[PDB]
A.B. asks: 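Drug: hydroxyflutamide | Macromolecule: Androgen receptor.
Below, chains carry the letters A, B, ... as their sequence lines are ordered, and counting in each starts from 1. Below, each value reflects all heavy atoms present in this structure, side chains not excepted, and no hydrogens, waters or symmetry copies. Looks like X-ray crystallography, 3.0 Å, at least that's what the header says. One-based numbering, in listed order, for ligands and for the atoms of each.
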Amino acid sequence: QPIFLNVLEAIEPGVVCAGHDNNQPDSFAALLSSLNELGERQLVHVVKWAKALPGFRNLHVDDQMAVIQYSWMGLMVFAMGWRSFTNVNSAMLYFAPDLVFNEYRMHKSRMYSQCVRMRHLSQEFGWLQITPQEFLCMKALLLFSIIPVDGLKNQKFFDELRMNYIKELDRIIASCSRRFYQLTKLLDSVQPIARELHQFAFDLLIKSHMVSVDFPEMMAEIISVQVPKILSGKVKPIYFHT
Amino acid sequence: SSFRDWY
Ligand SMILES: CC(C)(O)C(=O)Nc1ccc([N+](=O)[O-])c(C(F)(F)F)c1
């Protein structure tokens with residue numbers, strides 16, 4: 001209905017491939033070198049996506065940059081889970097066309113637990129009957145769901161921008177009331193999974209010269225600089241419920 | 001950063 005919904009649609013990225021050799025077998029190293037590359041490509045995309053968000057150019061440049069690096073994994077997880085719901089009805093993990101996980105890739109990549117978790121999420125799209133427009137507006141907010149305890153450079157704008165994003169989600173909803181608790185519940189559950197993945201990538205990064213996994217330019221930096229912040233409690237997610 | 005640079 002509104003202008004808002006046109007934008008989220010319009011700006012929504014397209015198909016992004018990982019370029020995986022689906023012919024050779026499933027080594028850890030092969031698998032995770034392609035996820036890192038998948039991370040790298042989708043990040044670019046989250047950047048060009050986010051810059052085009054409504055209200056986004058109201059934040060201090062450093063705030064923009066920050067808010068993005070902190071929330072990228074959280075977003076990645078969400079659309080991944082939509083993708084896996086929408087293509088394969090949550091039967092497997094749809095990272096990309098050329099990189100769909102099956103239980104075997106799940107266990108060989110060594111992320112079985114986190115993978116189990118994200119498959120649960122994908123299911124929830126279906127269980128809770130998530131409309132495409134509910135998906136987009138939920139996604140938009142996740143970028144505004146994670147800040148330093150310390151606080152952003154222009155914190156007022158953020159608070160404001162966010163408030164209007166929560167408003168638009170409520171608008172696209174409005175015993176209906178319980179839909180919100182559900183949708184906020186659902187967003188809230190994204191944060192644990194992004195933390196687990198933060199940890200594993202973090203671990204992985206450190207051991208990586210000594211297991212032969214490829215960490216792209218942008219990968220190695222974000223993980224070693226901004227990820228630790230989150231894992232040390234310096235940077236928290238905003239939760240709806242307690 | 002090399003992030004600050006391409007942004
Ligand atoms: C940093 C680590 C290996 O790259 C990673 O978790 N990569 C990654 C790549 C792509 C995607 N994706 O959205 O399809 C995801 C995940 F968001 F699903 F988990 C992670």
A.B. asks: By chain letter, what other chains have any heavy atom closer than 4.0 Å to hydroxyflutamide?
C.D. replies: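 By heavy atom, the other chains are A.
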A.B. asks: Mind listing the residues near hydroxyflutamide? I'm using heavy atoms under 4.0 Å.
C.D. replies: A:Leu35, A:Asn36, A:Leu38, A:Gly39, A:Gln42, A:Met73, A:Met76, A:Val77, A:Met80, A:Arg83, A:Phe95, A:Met118, A:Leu197, A:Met219
A.B. asks: Write down the UniProt domain of chain A that holds the majority of residues in contact with hydroxyflutamide.
C.D. replies: NR LBD
A.B. asks: Okay, for chain A, which organism does the deposit list?
C.D. replies: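 The organism in the entry is Homo sapiens.
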